[PDB]
Each structure stands twice: as structure tokens, then as C-alpha cells.
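Before any comments, here is the structure.
Residue numbering restarts at 1 for every chain, and letters A, B, ... go by the order of the sequence lines. When a ligand or atom number is given, it counts from 1 through the structure's own listing order. Shown: partial entry. Contacts: counted within the shown part.
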Amino acid sequence: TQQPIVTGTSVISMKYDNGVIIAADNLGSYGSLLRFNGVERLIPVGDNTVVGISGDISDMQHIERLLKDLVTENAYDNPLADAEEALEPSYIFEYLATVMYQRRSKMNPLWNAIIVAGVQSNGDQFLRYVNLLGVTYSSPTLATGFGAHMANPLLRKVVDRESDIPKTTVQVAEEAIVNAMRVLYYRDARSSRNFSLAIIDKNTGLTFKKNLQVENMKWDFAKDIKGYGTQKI
Amino acid sequence: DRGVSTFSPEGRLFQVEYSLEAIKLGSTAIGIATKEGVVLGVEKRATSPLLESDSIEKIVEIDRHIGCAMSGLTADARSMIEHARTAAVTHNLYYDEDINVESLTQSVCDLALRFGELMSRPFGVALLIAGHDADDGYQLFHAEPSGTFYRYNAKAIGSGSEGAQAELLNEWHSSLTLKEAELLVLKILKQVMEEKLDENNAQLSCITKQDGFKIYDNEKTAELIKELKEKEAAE
Amino acid sequence: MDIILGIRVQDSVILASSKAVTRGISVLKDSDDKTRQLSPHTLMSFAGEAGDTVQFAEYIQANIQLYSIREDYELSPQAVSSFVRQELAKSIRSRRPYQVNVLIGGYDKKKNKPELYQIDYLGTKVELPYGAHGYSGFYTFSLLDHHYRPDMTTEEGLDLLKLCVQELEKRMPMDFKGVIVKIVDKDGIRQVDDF
Amino acid sequence: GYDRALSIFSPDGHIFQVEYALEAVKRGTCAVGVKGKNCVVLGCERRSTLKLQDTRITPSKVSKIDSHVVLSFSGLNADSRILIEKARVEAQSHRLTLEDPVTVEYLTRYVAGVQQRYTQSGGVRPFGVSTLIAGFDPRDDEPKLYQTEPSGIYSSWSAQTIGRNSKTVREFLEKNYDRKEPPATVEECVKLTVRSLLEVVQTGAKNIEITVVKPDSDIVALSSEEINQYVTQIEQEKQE
Amino acid sequence: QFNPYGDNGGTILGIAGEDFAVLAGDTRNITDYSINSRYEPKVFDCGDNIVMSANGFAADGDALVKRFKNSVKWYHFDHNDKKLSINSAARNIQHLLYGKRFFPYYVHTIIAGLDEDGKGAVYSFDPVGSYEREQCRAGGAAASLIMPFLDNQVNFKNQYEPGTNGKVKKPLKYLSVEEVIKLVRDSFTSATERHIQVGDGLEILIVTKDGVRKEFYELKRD
Amino acid sequence: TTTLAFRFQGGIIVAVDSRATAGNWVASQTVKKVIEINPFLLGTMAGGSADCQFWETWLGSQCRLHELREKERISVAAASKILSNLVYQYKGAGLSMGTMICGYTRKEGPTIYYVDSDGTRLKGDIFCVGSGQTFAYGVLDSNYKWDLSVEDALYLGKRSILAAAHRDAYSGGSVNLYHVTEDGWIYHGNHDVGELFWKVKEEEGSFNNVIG
Amino acid sequence: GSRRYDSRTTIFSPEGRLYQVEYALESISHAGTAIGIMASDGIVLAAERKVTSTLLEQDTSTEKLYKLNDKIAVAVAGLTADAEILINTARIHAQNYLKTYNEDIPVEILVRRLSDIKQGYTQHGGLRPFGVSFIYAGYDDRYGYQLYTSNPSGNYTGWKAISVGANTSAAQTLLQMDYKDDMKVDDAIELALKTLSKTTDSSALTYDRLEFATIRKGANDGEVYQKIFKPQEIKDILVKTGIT
Amino acid sequence: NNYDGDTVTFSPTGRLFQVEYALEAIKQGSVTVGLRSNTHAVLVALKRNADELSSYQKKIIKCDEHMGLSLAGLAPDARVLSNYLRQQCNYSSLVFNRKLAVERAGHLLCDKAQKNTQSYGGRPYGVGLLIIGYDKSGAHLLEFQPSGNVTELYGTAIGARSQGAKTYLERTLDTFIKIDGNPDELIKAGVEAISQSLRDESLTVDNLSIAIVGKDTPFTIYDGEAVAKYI
Ligand SMILES: *[C@@](C)(CO)[C@](*)(O)[C@H](CC(C)C)NC(=O)[C@H](Cc1ccccc1)NC(=O)[C@H](CC(C)C)NC(=O)[C@H](CCc1ccccc1)NC(=O)CN1CCOCC1
Ligand SMILES: [Mg+2]
């Protein structure tokens, strides 16, 4: 039995024709206090997978260490560690899913919501979710926390079903993700303006973008709003 | 001295090979498999005439569809039978079905090599496991203390085994009736036994799909002994 | 379970135990014998939590019978009571304690004296001329304080016991379906069939 | 824990520790069991190199396992106590779970199983004891007599003997016991038992113990004078 | 305080015919008032012509299916590639569930297939392992909506022969695979209308002696 | 649930309903509440369905092991005590079982044992167990005599379950009848309350509270 | 491994004897003789100290005779250190019984349990047996006065008069000669001393080489008293019987 | 001589005699052959009987859908080791959703056998194994020895008279390695290979045992009338 202390908010993601995109802000909240601002919540595993984590940050750092160790262990006595026997996104996910469910079953969970995004060896897009309860699911778009309530509706307008994936380019997909991050900054009280974004493409590979900022914000209309009903000045 | 789980220079486990010698000293047990059933017969061999022979229990039920005969240090067989019965009933509890004869035998043979420095020595008893299931039909298995088991059409174990086995080689064919098999066990037992064969010093049993595993009465066996003597005199 | 009584007189110990077994709003049985013979001259009645009672009684019975076979000798009522007390005294600090109260009636053959011991589930032992467990005592103790004499006969003790059962049948809320009465004396244990 | 495999096979296929345990039984004082038409009698030898003994308190050779079953033995005395204790505990445990006393066959099977376990367990030696177990099943009047030995094998006997010079008394019983007509009464059964011990014992004074078991938990041990009367009667018929 | 259980919604349905059996389930996965996935299958081919679904808390559901699939694998290894009969599977699943009697799998389990006489079979389980063979069973969030409809249309309950004064019951008969799929589709469209956790898609698994076939149909996405 | 079993001149009658509930949701109308342990032993089930089903099948495995080991069919007393000792080990853990072990043996004769999940074990001639036990008692007790015929005893058992099925909301479905003799148990059919109630009402003239 | 150095203490010889038990008995046969004699009104325990030195403190010494409880005592023959391990166990066992049943432990029950401990060391554990033989002298209300002996095998027997340790063969013959059943304590005292005096390996039996104890009902009315004799009391009883 | 009492003792020349005696048990075992191309991997095994009344001891065991082995020596030890492999393959599937690499399978068997050669009380395994499999890097063939030594090969053979088949495969190397997309021909080559180890006995219908795994072929075993094609 736990309670989360230092926490990270939404992680959002979606599939597009040639790969997957995933994003998360760089904030480590301490309750209502916006304590830490240099926190990276997207963790790449190899050159074909990115694990996005929300929830407790101490538990996130533990999971970082596990993935780091997984890469080391896979390299042992493995001549094809950088080729056919490299770590796939599906292997990394199933490992985490196993751990998450085992920890909930011992009544001592890792207080997290996790999205594993990547591309398989055969080119197939991989995107799957897992949380503290060991619950797993997959969808063209996936999001955690407030992202589930606000990002998913926006991302589903681009990719509503499977057949919409080939019709969606990386330009269109990234635009939707960046827009969703802006909306979350408007509306989530535990979000920050600074965020990271990662693209895993079957052709161009892994592209990791740091120190992005929410921009093109609409605030001007605020000057016209006066009082809460009857006030005129 | 020397380790219990030591290999000889020829590549055999000393203790397993020595336990095989103990089994050769044991009383004879014979099994024959047919398409109408499997017959199991044993030599009781009472050490003294005051001993009540009906208390000598060398043929044993494992389940309704599986029976067992033994030879060697028969006291060692008690925990093997206990395990076999539990394995059979447990499988019925987990799967609502009868357990395959081969799977039962394999479970018993897993105990065999669980000795060393687990129990202190191998078993000094060999088992003949007979039964029926829907998949492979009527079956006979010879389970050794080496952990190995062979399926047999017919098999003899104990002191008169090599002589009885040679006789079974000639007599067995694929069209034997159950009655023919019963007489054949009695015939071969009478040959290798020291004392003269009768209903009190020898015991028969069988397993059929319809009636399951049955140990024969001394009255029923006595008639089969009389039927056997008459047929040999008739030519 | 509910009503168990005990009276020690001049030459015997008399135990009375209710026959009812109730669960919920149903009397499941009206002929239940809430007692076990521990040895030829020692009898134990019991009352308390369902299941625990019989499980405890039979466990004690097995241990005393084991002792008897081992030593070819009968333990004194005092010795048996001390053994029972210790078992309950262990139990009360266990993960799940036995919730069982007992009376032990015995005839000591070496002393030629009847003996009655009252032991509760905590392991609280007392030797008494008369005893009861549960709500029964709230009626019977005051009654026996008045009518009991130490030199009474077995017949006088049974009449004294009838007086207790009558009072309980008048003032107790629950129907306990009468009692089974047993006598312990120099000749052993016997049951009164017409009570 | 001490793990050594003490009981092991030899090249010829023998377990010497089990066989040497039989030698301990052969050294022990003679014990005999004879079952009649309505009873079983257990006879036991007591060696007379021990005078100044206190027979009140000295452990008796025949032990009650329950009110309806008895156990005598030959071999190491200290070893026998361990088997008797375990048997007595199992007897009470059976009554507790099955709500019925043990059969003589069941009790024997248990004691034999304990003996067998000590032949293939690490760190232990076999029991240097063979037992004769006798009694009557609950609500049954058919007499029961069983024998066990260190290896763990057990079997039923019309009459049997164990211990030193047991081969001599077994020889006697083999010609004097008729299967078609067992000792019809208690007196006949005790006499045949005493006769058989008189082939081996020495004097019929304080050397022979006799215990008679009858149906429905009816077990009694004979005194010196009672046994001495059988000894006196047998010798007078012998001079012929 | 940490709560180890959750509710992932959805509903499942099993019907048995003469020489076939279907096991249907919606593809929607939810938590509270949010949709997690519009297509997340929860009806699985487990081998040996056995289909299985464990609806309720998805983490426990996946764990169970995973363990049973593994149980089938080891049954082959230990018993000479013998086919695991539907009745034997059912008993095995009881022990899987009851093994966690004091920390249960929070699921309604249904399996379907053919019995050893070739006839259609459906078994249903409670969370702790009690089971029963039936012609008909609905499980999950909308079980209470669908089940009474099945009683009426599959087992002809409360239906009497016209003109017989309510004396002669409508006789029981097996339904064709065409008729059964009609009932499944109508059951799920009705459930989708009136239950918020049910919708998006319907996936049916049909089991005959020839193998396991699949059929998919769209459901309302609101 | 409603289950009963009573002893009489001609052996033992055992009768049960077939309903299973989860709160007010009627989950099944076709549950088998009698477990056939061997040709001479029966077990009834009331309370938690998984608990009863699991442990009474387990009981059957223990009884089979007894007759393999002892070459003799287990006594009703010993069979009931295996179950009662088992549930006593789990006392406090939350098992929910009200069972009746019914059967015939030579040494005992016809015997019934009540066994429940708080460890109570009682020998007796009549028992009713379950949420509708009181309704069954009312009819059974008021019509019970030792000298009932096999035909009348079967009907009284059937009629007592029907009484409870009618009044108790958590009992119903159908009636399963069993008769236990010296030769073993005999099944006397599944009787749907749907048809049985009206058939009994018409023929017997009872159930006048209901609109005919 | 370590198999190489294992003596195998708990095995049978080809003749069916326990090597270590037999060799432990051989050890005990060199220990100072101890005698127990049971009379109708009490029990005597007499024991010879092992070759004494003149600078040994005699009065504050205990080697042979030990108290188990108020009603039971033991005479020791063998390794003293081994005996004390067993004595403390026996003392504890007696108190466990008293705590459980509120009655003093019957003599045989105490003897059986101590003997069962010895038996265990001969059947399992791979340890050497205890090189000790006890003479138990005690009283209870069932059998009254009782004498027992136990040895490394764990076998125990009851006696009217018995000796352990050195020269038991000669000692037992002398006891068997002069013992009779109607004997009193004061007569048994004289027999015990006379027997040691003849079987001793020393030149002459003196007070400083002896330990002596009685268990009488010689207290006031129906109760038992244990008397462990002081040096001066042994000196007097030796003069009173005319040995010195 | 004095240094063969247990596995924990080295000889003066640095030999482990108990391990060598375990190796001797393999030489007494019936012959079994392993070979592979780029697409498929094949096991062929000569089964042995007690007599004409007995069955023929099964030599081949399935470990997963993509992996299995053949045995030579103590059969119960093969059952222990195969069971361990089954669990390890299964652990890889449940935890990582990953088919166990045939190379890792070999590393795991090596380490399990080794522990039994360095501790008091235990004994070495008395069996040799030929593991075939098809994984993400194509077809594989491994040879396990109970000393711990595991070796990857194109082809090999173990058991009595295994030198005949091992020589043949050494000659045929260039031919059979290029038998791609043709199962029956790769088996024919394996059947002809094991034939070089036969003396007085020939391959009959209940004597021969074949197993195959490959690109579009799960690990399957052929016995009885299913191998009559290859005689
Ligand atoms: C009469 C009919 C009612 O008392 C009988 O007593 C029968 C006995 C027969 C069936 C053997 N008893 C029941 O029907 C019994 C009543 C009951 C319920 C819960 C606890 C104790 C007693 N019902 C059950 O056991 C049902 C049977 C199912 C519906 C086939 N099972 C449940 O209610 C299960 C398991 C309950 C449980 C017990 C112990 C630990 C965990 C769970 N519960 C659910 O399925 C929960 N729920 C059902 C509704 O859908 C959402 C999930
Ligand atoms: Mg909606």
C-alpha cells in the first residue's frame, strides 16, 4: 500500500502511416507545488522503442533502472544484440506488464501509468498501455491521466479507426499531438509549458525532441471578460 | 565408503545396478496383454506353512482402470502404490477423467531416481503396471528403480524371469483371448515356481474395460488350474 | 450450546447439560449430548462457540485416553483438570483461541471423594460444590446457595437439580429442550434416561 | 542435519543394515503368538541371568496399543518403545478422525510402514525389532495375529514365533498346530503356547509371561501361580 | 488506500447448437466514463477447439486466460498430446479460480466448444470457480439485460403452444448457426442501446468440428 | 437454497431445489445441489456454490482413497468428519457451507450428518438447510411419521421443497429427488416447479392463497 | 567431501550390535562402582568416588549422587559431564510434568523419557552416545519405592538391588547372596557398604572416597525425605557398622 | 582410481573422472543424428528395445513449438533437462512474449549441468542431447554434453557407432546444407546418415524416429507408419 509523492501528469500518443508518436511534459509535481521542472518522462530503449511514464517519479526512476538493466542483460552472450535478437517493443512491454501485475498482486504497486510506443522488426507499429493495476489495452490513440479525457477526443478526430492509419502522415500526426499538449496546458492544473516529443518511424528511425514549448496560445480574449455576471468595469 | 549417486567406469549407477540384483531374488510376477484384457499373476511364496497366505498382498489396485503387481523388496512398494493412487485420484479431481496408464507409470517412475545425499537409496522393487484407457487401449508397463519403463505385450519379473520370458516369447500372439492368457500365466508360473502351484500359493488378476480391475478368488483360480491340467493331458 | 450445570454431593458428581442445538431461527436438534467421557471416572461437559466445543472436547478425550494406555493408569480428576486448564491457557494467546467453557466432574478413587471443576475459555479453574457456565449461573447459584448441603445423597442432588431446571425453564428466554443428566461416582459414569 | 545413507544396497543386492537388524532380533528373548478359535495368546521369554529384579515396575514384554490390540516384540528393548509410542498415538488419531478403533491389520500396516521408512531414510538406522501384533477388530470375533520385521514386510499368521531359538519353537508349532482345528478354548491355546516356550526356555518359574486377548477389549495377564499350573501339568503328562 | 481491483466493463455471450457453439463478446474496453479501446478482443482461441473469455477486471481476465492457455500446453506435454476435452478444461479452470479463493480473480468466465459426442457445449464460471454446463449464458456488465431474452428465445421459456390453453409448452429444438448469430447480433445491439459500457464492435467465435471461425460486426460507438 | 433429508422406515429421502442467486439476480434455475459421492453416499449443497461444489467433490476423492487403502467403503460418520475437520481448519477464513452427508452402510444403517462451515457436525433423523429451511420444516414436521411409505415419503420431500420454493424468494427452479436404500441411492427425477406447482394445486387442493 | 571422516556412530555390526553403545558400556565398566538397594521402608544409594587426592575438597563436592527433585535421586557411573547434561534435562522434565498436572512426576515416566533421549542418539543424528549409566532411586504414590537403571542403549529395567560401573559382576553376586525382601533401611545401608568394601579396587574403604544417600519415609507422617550424607555422617556410619 | 569417488575431486592430471564416467553412459546409448539446412533442421534417432515383446524407447522430446531435442544415455536425466528447457522456453514466452533463442537454450543447459560438477553430494547428468530449433536467426543444431560443453553445428551424431554418421555428414556437408525448401530430401539425407551407424540391424517401421522443425513447420515427431516413406 502506497501513496504517490512526486508525480508526473499526462502522457499522450498515436499511430500514423509509417510509425508512432509519443509526448509528455517535463514536470515533477509535489502535490499542488510544481516542484521539479527538468524531469524527462520519455525513456528510449534501443533505437526502436520509447516508454512514456506518468504517476510516481520515484517508481518511474526504478522502472528506468529496470529497462537499463534489461538492455545490459539482453546483450549478454548475444552476438545478434544489435540485429535479429535486439529488444522489440513487444518484449519490453510484456516485461513491464508482468512486473506491474505482480506488484499489484502483492498489494505493493508501482504507482504509474505507462505507454510503450515503438516499431517492430517487421515494420508494424506498436502502441500499448499498462498501469498500476496491471490493466493493458491498445488503440490507435492512447493517453494517460487528463490526456485520456482531453487528448484522445482530439487525436481520434484524426485516426478514428484502423483504416485511418495509412491515411495519416507524420506531419498531420505531430500537429495533432502538439495541439493536444497546448490544450492540456490550458486545462490541466499540474501541467507545464515545457515538454518532450518522440517519433519512431520505420524508415527514419528514432527522433527524440527535447525542450519543446507550447506556443500560438489564445489569451487575448481575457481582457474583455469582466466580473462574474453583472459587473461592467 | 563411496557416494550413493556414483557412476561406475562403465557408465552405470552402482546403487541402481545393485537394486536390480535384489529384484532378481524376489518372487515371480507375470503379465500378459490382450485385446480382451490384461492379466496379472504372481507367486505368493510363503516362508512357512503357518503363515496365512491370503494376507500376502503382491497384486494391488491403483484405480478402477489400473492394477499393479510387484517383485523384490515388497515393503518398498507401499509408498510407490500410495503415490500412484494419489496421482490417479488427483488427476481425476483436476480433470474430471481417468488418467492415462502411461502417465500414471511416468509419475511413479519420477520417484525412482529421487535418491541421494530425497530418500537414501533406490527402491528395491520392480512393478508391473497394467491398465486400460480410451486412447491406447489395454497396456502393460514394467517400471524399474532406474526410472525407466517399457511397454510390453507380455513380461515376467523376479527369480524365474529369464526362463519365463523365453517361454512368453514363443507363446504370445496378437489374437490371444483373455481365457487363453489366464491359462498361459498359470502354465508359466507352474514351470518356474519351486513349490507345486495351487490356488493358495499363486494369485491371478485382470483388468477389462467393462468390469475394471479384479483380483480373482481362490475358488475361481482353482478351476482355471484344473482346466489347465486337463488341457495339457489332452494331447 | 448454552446450559451446563454441575453439583458435587457426598458421594458423587452430577452433570446436567441442555439438549438443544440452535442455529439462526431454527432448532436443528433437541437430543444433543454436550459431554465426553475422558476416563472411566472422569466426565467433561462443554459449551461455547460452534465447532470449537466438540473439536476441543474430543482433542482432550484423545489425550487422556492416550495417557491411560501409555501408563496403564487413570489420571486423577485434579490432574485432568490441570491439563485441561493449561490447554485453554495456551489457547487464549493463540492466533484463534478455543471459545469453549467446560465443567469437569470426576470421582477420585485414591481419595474416595467426588470432585467438580469449573474452567472457562480463558483457563480460569476453580473447584466448587456446585457450578455453572453462561447465563445459567445467574439463576442457579443463588438457588443452590439456599438449598445445597454438603452431606446430600445422589437422590437429594437430583431433586436439587430438578429445582434448577424448573427455574431455568420458567425464567430463561430460550427453549433449551431439557437436559441430559449424568452421574459420576465410585462405580463410574451412568446416564439418567428419564428426566 | 545428519544426512548419511546408512541403509544401502550391496553388490549382491542385499541391504546389510536391514539384515544386521534381523540379527539383533535373533539375539532378543523369544516371543510367540498362537491364535485359537475365539482368542489369541502372546507368550514371552524372560532371561534368568537377572535376579534381584523388581517385576512390579520393570517394563512388561507385552504392551497394550489400544484396549483391543496388543504388541509384543523381540530385539532391542529401547527401539521397541519408539514403535509402541507411535502406534499408540496413531491408535488414538484413528479413533478421532474415523470414529472407530483401528483394525489389527491397519495398526500392523502402520507399524510396518514406520519400520520401512527407517530403511530408506538418510541419517537413520533400521529398527532392530520384529513385532507380533494381536487382537480383535471392532465388533468382530475373528482372531487376528500379525508379524512385522525391520525390512517393513508384514503378514498374518495362524501361529508364529520370533527371537532367539525361534526356529526350534516354529518347528514345534508347525507339527502341533492344525489349521483345520485350532485350539477350541482359552485353556487349550495357553497350553500350546506354554508347551512351545518350554522347548526353549529352561525353568517354568519367573521366565514365562502369558497374556490372553479375547473379543471386545478383554485382555488380561496371567500371574506366576496361574502359569506355573500349566508348567506342572505339562511335565506330568510328559513322563510317559 | 490502494484498491487492487478495477472494472473494465464489456459483456459476453455463449450459445450452443447441435453440432456447433458460439462465444461472442463486445470489443469495447473502459474505465469509469472513459473509453480505453474500441477494439480490444477478450474472446480467445485456446487450442483443442476451446474458446474462452474472462470478463470483468481485464488484468485478472488476461491473467486467467494466459494461465489456462498454458495449462493446455502442459496437458499435451504430460499426457502424450491428448486432446483436452471441454469437460476436463472446465474442471481445470475451477481449480485455477478456486486457487485464489481468498484473493479472487474478479471475472465472469465462459468457455465454449464441442463435447466428446460432437455436440455443442457452453460452460460458465463464477469468480471463485463454481461451474455449470448450459445451452445458454450471458456474462458481464449487460448480462442482466441479455440473459432473460435468451431464456425466451433459446430455451423458449414462458412460450406455450397457441390454442392449447397454456397446457402444452413450445417444444425445445436446436437452432441453426444462422438463427443463433441472428440472436447474438440482436442481443448486442439491444445491449448497446441501453448500457453505456457496451458498444463499438462485436466479435463472434464459432466452433465446429472443422475448427474455429471468426465474424466481426460494427456496433454503435456512442 | 432449500435442501432437506429425512430418515424413515424405508431408508432416507433427500430433496433439493435448483436455484442459484447473486443478490436478487437469479443466476441459474438448473443447478445440481446433490453430489453423488459413490453408489451409497450423497452430499447436499447450501451456501457458497464454489465452496460447496469444490470441497464436496474433493470429499469424494478422499472417500475413493479410503476404499483403495482400506478395501472397504467409507462409513457415513468418517466421510462427514473428513469434511467437518477440513472446514474447521478454515474456520474464520470465510467459507460458507451448509451440507448434509447421507448414506447407508452395514454397520451404521441409514445415516444423516449435518455439517456446516463453522464446524458443527450433528447426527440426526431430520434436517432442513438453506435460506428456505424454515418453510420446508413447516410442511415436513407437520406431516412426518416414521411409518411413511416410500411413495408417500418421496412426495412429502417433494412437497416440502415446493413449499419453500414458493415462499422463499431465493429458492426455486426445480426439485431433485433421491431415495437411499440398503442397495444404494436411486434418482427419482427432476421436477420443474413451473408445472409441478399447478399440478399439485389442482390435485391436492392446496395453495389457496394463489389466484387459480 | 566429509563422508571420508564419518565414523557412522549409529550403525549395526554384522552380528546385530551397536558398536558405539558396546564401547560406551566398556567405558562405564572402569567408572567408580555405584550401588542401589531397595528396602520396604526406604532406598539406599551408595557410590565410590574415583581415586581421590588428599587435597580434594570433600564436603563441597558432588560427583556421583544428584538430586532430580524432592522425591527422586540418581547415582551416576561414567562421564560426569555427560551425566550433567542429562540430569538438567531430567530436572526440567520433572518440572514440566508438575506444571502440567499439578502432581509430582511418577518415577517410571521420568526414567522412560531420559532413556528415550539416549535411544535417539543410537538411531539418528550421527553423534556419539552418552557414556553414562544411571541408577534411579525414587518414590511415588503408585508403586512406592522404586529402583531403576538405564544405560547408553536407552534400555531401562527395574530392580530390588543393583550395581553399575566397575566390578558389577562381583557386586551383583554379593547382593544376590545377602539380600532378602523383608529388609529394612538400616540393614540395606550395611549391605551397600559391605559390598563396596569387598569389591573396591582400593586398599581400604574410607569416608573420603564415598558418597551416600538414603530415601526414607523417616520424616514425620506419610512424607518422604532425601538425605545426602555429609562427610562426618559417612565417617560415623562407617564406624557404626565396624568397617573402620 | 583414487580420484573418482565423487565429482568434487580433481585427478593429478586435472581430470574429473565422474564427469568422464557420465560421458561413457552416452557412448552405450543408441545412435541419434542431427543435421540442418538454412530453412529446416532435422533429428533422426535409432530407437532401442528390451526384447521383441517390448516397446522401443522414445528418443525425441518436444520442448516448444519451435524447439526440441533427441537423447542418448540415461533417459530420466533427459526428462529432467527437457522439462527444464520447457520451463525456460515458457518463461520467455509468458514474461517477454518472446520465443527462446536456441543459443540461449544451450547456455542455460550448460550452466545447469555445470553446477552438478562442482558440489559435494550431487552427480553429473548421464545423458547427451541434440537440440534443434528454428528462431529469429534461422535454423539451428546444438550438441549438449553433461560436462557442460554445448556446441553449435551444421550436423552431428552421438551414441554408439556415431562416428560413421559423423564422417558421412562431414563428407556430405556441402550438399545437405543447401537443401532449402525441401523437407523430404533433408530427412532422406539424415536417414542415409544414420544408416552409416547400423550393424546387423536395418531401419524398420517401429525402429526409426524422425523429427523436423523449420520456417513454416512446427516441431513435429514422426513414428510408426509415418516413417515408412523413408525406408
Ligand atoms: C440458495 C439458492 C441461495 O442461498 C442456495 O444457498 C445456493 C446454493 C447452491 C447454488 C449451491 N447458494 C447460492 O446460490 C449462493 C448464495 C451465495 C452467494 C454469495 C456468497 C455466499 C452464498 N450463490 C453463489 O455462490 C453464486 C453462484 C453463482 C451466481 C453461479 N456466486 C456468487 O455470488 C459469486 C461468488 C461469490 C463469492 C464468494 C466468495 C468469494 C468471492 C465471491 N459472486 C459473483 O458472481 C459476484 N457478482 C454476481 C453478479 O454479477 C457481478 C458479480
Ligand atoms: Mg459516448
Which macromolecule does ligand 1 make the most contacts with, named the way the PDB entry names it? Proteasome subunit beta type-5
What does the PDB call the drug placed at ligand 1? carfilzomib (bound form)
Tell me the other chains with a heavy atom below 4.0 Å from any atom of carfilzomib (bound form, ligand 1). E, F
Considering only heavy atoms, which residue marked active site by UniProt in chain F comes closest to carfilzomib (bound form, ligand 1), and how close, to 1 Å? F:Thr1, 1 Å
Just to check, does F:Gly48 reach to within less than 4.0 Å of carfilzomib (bound form, ligand 1) when the distance is taken from its heavy atoms? yes
Quick one: nearest non-hydrogen protein atom to atom 29 (C) of carfilzomib (bound form, ligand 1), plus distance? F:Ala27 CB, 3.5 Å
E:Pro127 neighbourhood, listing carfilzomib (bound form, ligand 1) atoms whose heavy-atom distance to it stays under 4.0 Å: 34 (C), 43 (N), 44 (C), 45 (O)
Report yes or no: does a heavy atom of E:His108 sit under 4.0 Å from some atom of carfilzomib (bound form, ligand 1)? yes
Which option wins on minimum heavy-atom distance to atom 49 (C) of carfilzomib (bound form, ligand 1): E:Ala141, F:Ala22, E:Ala143? F:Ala22
To the nearest 0.1 Å, how far is atom 17 (C) of carfilzomib (bound form, ligand 1) from its closest protein heavy atom, and which atom is that? F:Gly47 O, 4.1 Å
Using the PDB entry, name chain E. Proteasome subunit beta type-6
Quiz question for you: does at least one protein heavy atom lie closer than 4.0 Å to atom 19 (C) of carfilzomib (bound form, ligand 1)? no
Does carfilzomib (bound form, ligand 1) have any atom that is closer than 4.0 Å to a heavy atom of F:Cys52? no
Does F:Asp17, backbone or side chain, put an N or O under 3.5 Å from an N or O of carfilzomib (bound form, ligand 1)? no
Heavy atom of F:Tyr170 under 4.0 Å from carfilzomib (bound form, ligand 1)? yes
Tell me: protein heavy atom nearest atom 37 (C) of carfilzomib (bound form, ligand 1), and distance? E:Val128 CG2, 4.0 Å
Considering only non-hydrogen protein atoms, determine which one is nearest to atom 35 (C) of carfilzomib (bound form, ligand 1) and report residue, atom name and distance to 0.1 Å. E:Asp126 OD2, 3.0 Å
Among all protein heavy atoms in this structure, tell me which lies nearest to atom 30 (C) of carfilzomib (bound form, ligand 1), with the distance rounded to 0.1 Å. E:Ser130 OG, 3.9 Å
I need the nearest protein heavy-atom contact for atom 14 (O) of carfilzomib (bound form, ligand 1): residue, atom name and distance, please. F:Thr21 N, 3.0 Å
Among all the protein's non-hydrogen atoms, which is closest to atom 2 (C) of carfilzomib (bound form, ligand 1), and how far away is it? F:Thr1 N, 2.5 Å
In the deposited model, what is the covalent attachment point of carfilzomib (bound form, ligand 1) (residue and atom)? F:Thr1 OG1
Which residues would you count as binding carfilzomib (bound form, ligand 1), with heavy atoms within 4.0 Å? E:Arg101, E:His108, E:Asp126, E:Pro127, E:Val128, E:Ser130, F:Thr1, F:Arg19, F:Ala20, F:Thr21, F:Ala22, F:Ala27, F:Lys33, F:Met45, F:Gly47, F:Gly48, F:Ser49, F:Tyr170
Which N or O atoms of carfilzomib (bound form, ligand 1) sit under 3.5 Å from a protein N or O, and how far apart is each pair?
residue, atom, partner, partner atom, Å
carfilzomib (bound form, ligand 1), 4 (O), F:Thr1, N, 2.9
carfilzomib (bound form, ligand 1), 6 (O), F:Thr1, N, 3.1
carfilzomib (bound form, ligand 1), 6 (O), F:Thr1, OG1, 2.3
carfilzomib (bound form, ligand 1), 6 (O), F:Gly47, N, 3.2
carfilzomib (bound form, ligand 1), 12 (N), F:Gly47, O, 2.8
carfilzomib (bound form, ligand 1), 14 (O), F:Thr21, N, 3.0
carfilzomib (bound form, ligand 1), 23 (N), F:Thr21, O, 2.9
carfilzomib (bound form, ligand 1), 25 (O), F:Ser49, N, 3.0
carfilzomib (bound form, ligand 1), 31 (N), E:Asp126, OD2, 3.3
carfilzomib (bound form, ligand 1), 50 (O), E:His108, NE2, 3.3

